[PDB]
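Residue indices begin at 1 and follow the sequence shown. Indexing begins at 1, ligand by ligand and atom by atom, following the structure's order. If you check the header, you will see the structure was determined by X-ray crystallography, 1.4 Å. Values reported hereafter were calculated over all heavy atoms of this structure, with side chains retained and with hydrogens, waters and symmetry mates removed.
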Amino acid sequence: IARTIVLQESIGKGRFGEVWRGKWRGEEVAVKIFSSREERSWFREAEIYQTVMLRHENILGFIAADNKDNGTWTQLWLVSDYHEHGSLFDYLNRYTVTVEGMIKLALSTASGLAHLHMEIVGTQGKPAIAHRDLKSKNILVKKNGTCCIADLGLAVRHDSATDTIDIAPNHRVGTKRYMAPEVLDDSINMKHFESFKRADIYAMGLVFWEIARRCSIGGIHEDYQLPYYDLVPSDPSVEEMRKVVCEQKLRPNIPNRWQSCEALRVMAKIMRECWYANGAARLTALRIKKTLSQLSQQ
Ligand SMILES: Cc1cccc(-c2[nH]c(CNc3ccccc3F)nc2-c2ccc3ncnn3c2)n1
């Protein structure tokens with residue numbers, strides 16, 4: 001693995017470590033590199049990606065975890081598939097999409113989240129998994145115009161037999177802008193795994209809003225914005241978010257334009273039904289997938 005990979009170009013720094021474009025036997029791969037003092041972050045992400053039966057077309061393709069000693073210090077590596085478009089955030093900043101394109105991005109995202117969330121029962125069993133930091137910067141766009149989900153480092157895994165979670169969750173681990181109301185106000189019951197699934201759904205609703213803005217019909221579309229761009233600072237605090245989302249009870253604005261088009265009407269209805277304050281009221285990822293699959297056929 002690491003011995004035979006050559007780093008070519010720095011992509012960016014995430015929560016911990018740095019992502020690079022590298023070449024393995026001539027083929028582009030992505031490499032996330034951590035220092036020795038970040039071993040816990042590296043290990044936990046490696047552990048999630050090595051979950052039995054995890055691989056899926058809408059989850060980032062994991063190749064290997066490894067160590068590389070350069071002669072002075074040790075680097076801890078994760079290696080994955082490389083996607084030239086990069087993140088959905090980058091993609092939506094650079095491009096507009098068609099109705100077809102929008103549905104493909106939304107459906108693929110929902111399909112990946114439904115797979116994450118779904119327990120697969122059997123001898124080779126997959127636990128249900130919640131992401132805890134879903135956002136457009138953590139979703140990649142493939143050449144074929146579908147998405148796959150990345151940064152599984154903060155994920156939690158469910159044991160169905162006991163209704164327990166594999167780690168002891170801390171409060172408010174993810175990106176503040178995308179935190180669900182119950183995460184912002186700390187009312188979430190973090191002994192209840194379903195609560196983490198429901199919080200992911202709220203975040204996916206925000207991502208859908210980002211996509212729909214860029215859906216261009218007759219040359220008409222909105223400019224790229226992050227959710228709540230109109231209400232909070234860049235790099236918002238929990239308190240700034242809580243005042244908007246919990247107290248004033250605002251959600252991203254749904255433009256009037258989105259009523260002129262069946263696909264955009266279906267997307268807008270999904271968003272509203274991801275954004276309820278009470279997590280139990282929100283749609284499931286499986287139900288969103290079904291709705292978009294049917295829309296995708298019509
Ligand atoms: C497990 C693993 C290995 C290698 C990269 C990633 C990964 N982890 C994130 C998380 N997000 C992220 C990170 C840094 C900076 C900023 C961000 F938003 N992205 C990528 C990724 C993978 C493949 C790819 N191809 C083109 N870019 N690219 C990015 N994971």
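- Tallying contacts with ligand 1, the largest count belongs to the chain named in UniProt as TGF-beta receptor type-1.
- PDB records name the drug found at ligand 1 as vactosertib.
- Within 4.0 Å of vactosertib, judged by non-hydrogen atoms, the site holds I11, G12, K13, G14, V19, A30, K32, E45, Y49, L60, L78, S80, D81, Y82, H83, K137, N138, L140, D151.
- Looking from atom 18 (F) of vactosertib to the surrounding protein, the closest heavy atom is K137 O, 2.9 Å.
- Near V19, meaning under 4.0 Å from any of its heavy atoms, are these atoms of vactosertib: 5 (C), 13 (C), 14 (C).
- On a distance-only criterion, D81 and vactosertib share no N/O pair closer than 3.5 Å.
- Under a heavy-atom cut-off of 4.0 Å from vactosertib, the UniProt ATP-binding residues of chain A that qualify: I11, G12, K13, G14, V19, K32.
- Vactosertib places these atoms under 4.0 Å from at least one heavy atom of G14: 14 (C), 15 (C).
- Among all non-hydrogen protein atoms, the one lying nearest atom 21 (C) of vactosertib is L140 CD1, 3.8 Å.
- When distances are taken between heavy atoms and rounded to 1 Å, the UniProt active-site residue of chain A closest to vactosertib turns out to be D133, 8 Å.
- For vactosertib, one of its N or O atoms has an N or O atom of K32 under 3.5 Å away.
- Protein heavy atom nearest atom 26 (C) of vactosertib, with residue, atom name and distance: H83 O, 3.0 Å.
- The region of chain A touching vactosertib is mostly the UniProt domain Protein kinase.
- Distance from atom 19 (N) of vactosertib to its nearest protein heavy atom, with residue and atom name: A150 CB, 4.3 Å.
- Considering only non-hydrogen protein atoms, atom 16 (C) of vactosertib sits nearest to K13 O, 4.2 Å.
- Nearest protein heavy-atom neighbour of atom 1 (C) of vactosertib: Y49 CE1, 3.6 Å.
- Considering backbone and side-chain N/O atoms, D151 never comes within less than 3.5 Å of an N/O atom of vactosertib.
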